*Asks:* 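Supplied in structure tokens, the structure appears directly below.
Numbering of chain A is taken from the PDB entry, so the residues present carry the numbers 5-131, 137-510, in order. Remember, it's 1-based here, ligands and their atoms both numbered in the order they're listed.
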Amino acid sequence: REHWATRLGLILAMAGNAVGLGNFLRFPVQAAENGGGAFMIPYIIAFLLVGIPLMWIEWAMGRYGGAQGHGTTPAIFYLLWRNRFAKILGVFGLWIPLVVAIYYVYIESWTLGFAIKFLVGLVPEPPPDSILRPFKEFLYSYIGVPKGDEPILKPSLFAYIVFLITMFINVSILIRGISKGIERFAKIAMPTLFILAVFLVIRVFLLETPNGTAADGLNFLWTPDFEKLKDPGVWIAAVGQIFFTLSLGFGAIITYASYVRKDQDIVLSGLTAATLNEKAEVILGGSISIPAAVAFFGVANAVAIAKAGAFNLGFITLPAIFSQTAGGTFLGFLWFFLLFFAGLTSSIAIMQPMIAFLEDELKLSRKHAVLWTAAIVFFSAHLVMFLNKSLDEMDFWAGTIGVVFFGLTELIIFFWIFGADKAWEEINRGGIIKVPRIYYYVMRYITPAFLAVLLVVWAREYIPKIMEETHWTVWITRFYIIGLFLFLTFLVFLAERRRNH
Ligand SMILES: CNCC[C@H](Oc1ccc(C(F)(F)F)cc1)c1ccccc1
Ligand SMILES: CC(C)C[C@H](N)C(=O)O
Ligand code: NA
Ligand code: NA
């Protein structure tokens, strides 16, 4: 089996897995829409009660799986629970990261496209709405937002070609393997990512207009609002963000952990990777978009902008703000270059589970596993590129509801079916430090009850609206992703047949 070469390489690759587009694009939007500091309390709580325990659980399952030659959940779920149904539930741990990858790599390619255009200065120029409109139109031409009745997207030729280059970049890393590809790239990307982010945070701090400063944005984000801790919509938002941001329930952490040696520590390593992400999220990610928006527009306007769109902040508002400053075009470039490296280190992570399945279970070489995985993702992404609201549908079913459901599933299998005491032992085995004894009770009683309650409220108060009050074209996307599940179910069926022959 492939293994991580260095300790630091492992940490940086795992942090590169988590530290992604979610830190800089998803988190600011979620927080702004949920009363800033009103969001943070549920967020911190969810991090302590859901994020941390599941991180250790996924590292545990991965290392346990890898020791026996299996990187993905179809096989790992079966190892923990010798039942046919465990293999089928395990498909979600291939399905989720595949579907997520299908739209994620595409968003990632927008950041490269924008980076290029901002570096070369092929960007709009201002002559409040006269400031935003040219940048709105710039993004709308790029991705091809529908102008009329038809739910059809028309991406520019540049966007399409940049998507191809992005696929090629992802492949060039992944084809070199774990230590020589993913690890080596992480050691380059992460320091760069941190430097650019710190630079941009510092630069944003210096912004002031007659409407406010950056500090006003931080005050909005860090003033606890106790009159919102009763809204279930905020708690759903916070827990969802925690899963997405930490790459939990994507089977991606598990797959990375399957290249960790049987004896090596996962307790401190896991905690470090999780804490590195939260610092990049709340300190770095939280200090760029919102404070800049609040500084130019005030709190009320910044929230309203964050509500009328989620790519409004990162692709429209921020570059618009930057263009009003000296060297703003280059500042835009640094923003989009930061985003590109944030995305890239995470997109290689959510394609690796499919690659590892093909290698481990169907005994394909790395070359063919990577190329076939890329081909599947490349082809499928045409739905995201050309069909309006296809991105939102995949992001909901796989990257939002799917991950929470899968987190609960993997927790139940590992802690309730495999055995709580066996699970605990497997977590702590070889650890530099031990997990606090309190977390056993959290993992076994608190976390599962909390997620189960959350999913029941979710499926009764929120999913009826999405199932019923959306455009008919969502069924094309639903149909296709259900098809992907059946296809993956079929590959698992072939994998066990091949094992017998
Ligand atoms: C414009 N429609 C998309 C809604 C938006 O989707 C997103 C999907 C992916 C990402 C990112 F960039 F991957 F983090 C960020 C946002 C979203 C989803 C959930 C919560 C906030 C925003
Ligand atoms: C799907 C995951 C790899 C996403 C990543 N954790 C992020 O915050 O962008
Ligand atoms: Na993250
Ligand atoms: Na990343």
*Asks:* Can you remind me what the drug at ligand 1 is called?
*Replies:*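 It's fluoxetine.
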*Asks:* Name, as the PDB entry does, the macromolecule that fluoxetine contacts most in this entry.
*Replies:*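 The chain with more contacts than any other is Transporter.
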*Asks:* Just curious, which residues make up the binding site of fluoxetine with non-hydrogen atoms under 4.0 Å?
*Replies:*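 By heavy-atom distance, those residues are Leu25, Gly26, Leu29, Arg30, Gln34, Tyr107, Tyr108, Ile111, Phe253, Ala319, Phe320, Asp401, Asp404.
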*Asks:* As an exercise, identify every atom of fluoxetine less than 4.0 angstrom from a heavy atom of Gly26.
*Replies:*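 Under 4.0 Å from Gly26, fluoxetine has these atoms: 14 (F).
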*Asks:* Which of the numbered atoms in fluoxetine are below 4.0 angstrom from a heavy atom of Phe253?
*Replies:*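 Atoms satisfying the 4.0 Å criterion: 13 (F), 14 (F).
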*Asks:* In terms of residue, atom name and distance, what is the protein heavy atom nearest to atom 12 (F) of fluoxetine?
*Replies:*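 Sorting protein heavy atoms by distance from atom 12 (F) of fluoxetine puts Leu25 CB, 3.4 Å first.
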*Asks:* What atoms of fluoxetine come closer than 4.0 angstrom to any heavy atom of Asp404?
*Replies:*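 That gives atoms 6 (O), 8 (C), 9 (C), 18 (C), 19 (C) of fluoxetine.
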*Asks:* Quick test: of every protein heavy atom, which one is nearest to atom 15 (C) of fluoxetine, and how far off is it to 0.1 Å?
*Replies:*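 Answer for atom 15 (C) of fluoxetine: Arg30 NH1, 3.9 Å.
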*Asks:* I want to know if fluoxetine touches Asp401 in the polar sense, i.e. an N/O pair below 3.5 angstrom.
*Replies:*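 For fluoxetine, there is an N or O atom that lies under 3.5 Å from one belonging to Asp401.
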*Asks:* Within a distance under 4.0 Å of any heavy atom of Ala319, pick out the atoms of fluoxetine and give their elements.
*Replies:*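 Listed by number with element, the hits are 5 (C), 22 (C).
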*Asks:* Just which atoms of fluoxetine are under 4.0 Å from any heavy atom in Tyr108?
*Replies:*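 Contacts of fluoxetine toward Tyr108, numbered from 1: 13 (F).
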*Asks:* With a cut-off of 4.0 Å, which atoms of fluoxetine are near a heavy atom of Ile111?
*Replies:*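 Result: 9 (C).
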*Asks:* Heavy-atom contacts with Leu29 under 4.0 Å: which atoms of fluoxetine show up? List them by number with element.
*Replies:*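 Contacts of fluoxetine toward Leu29, numbered from 1: 12 (F).
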*Asks:* Hey, quick one: what organism does the entry say chain A comes from?
*Replies:*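 Going by the entry: Aquifex aeolicus.
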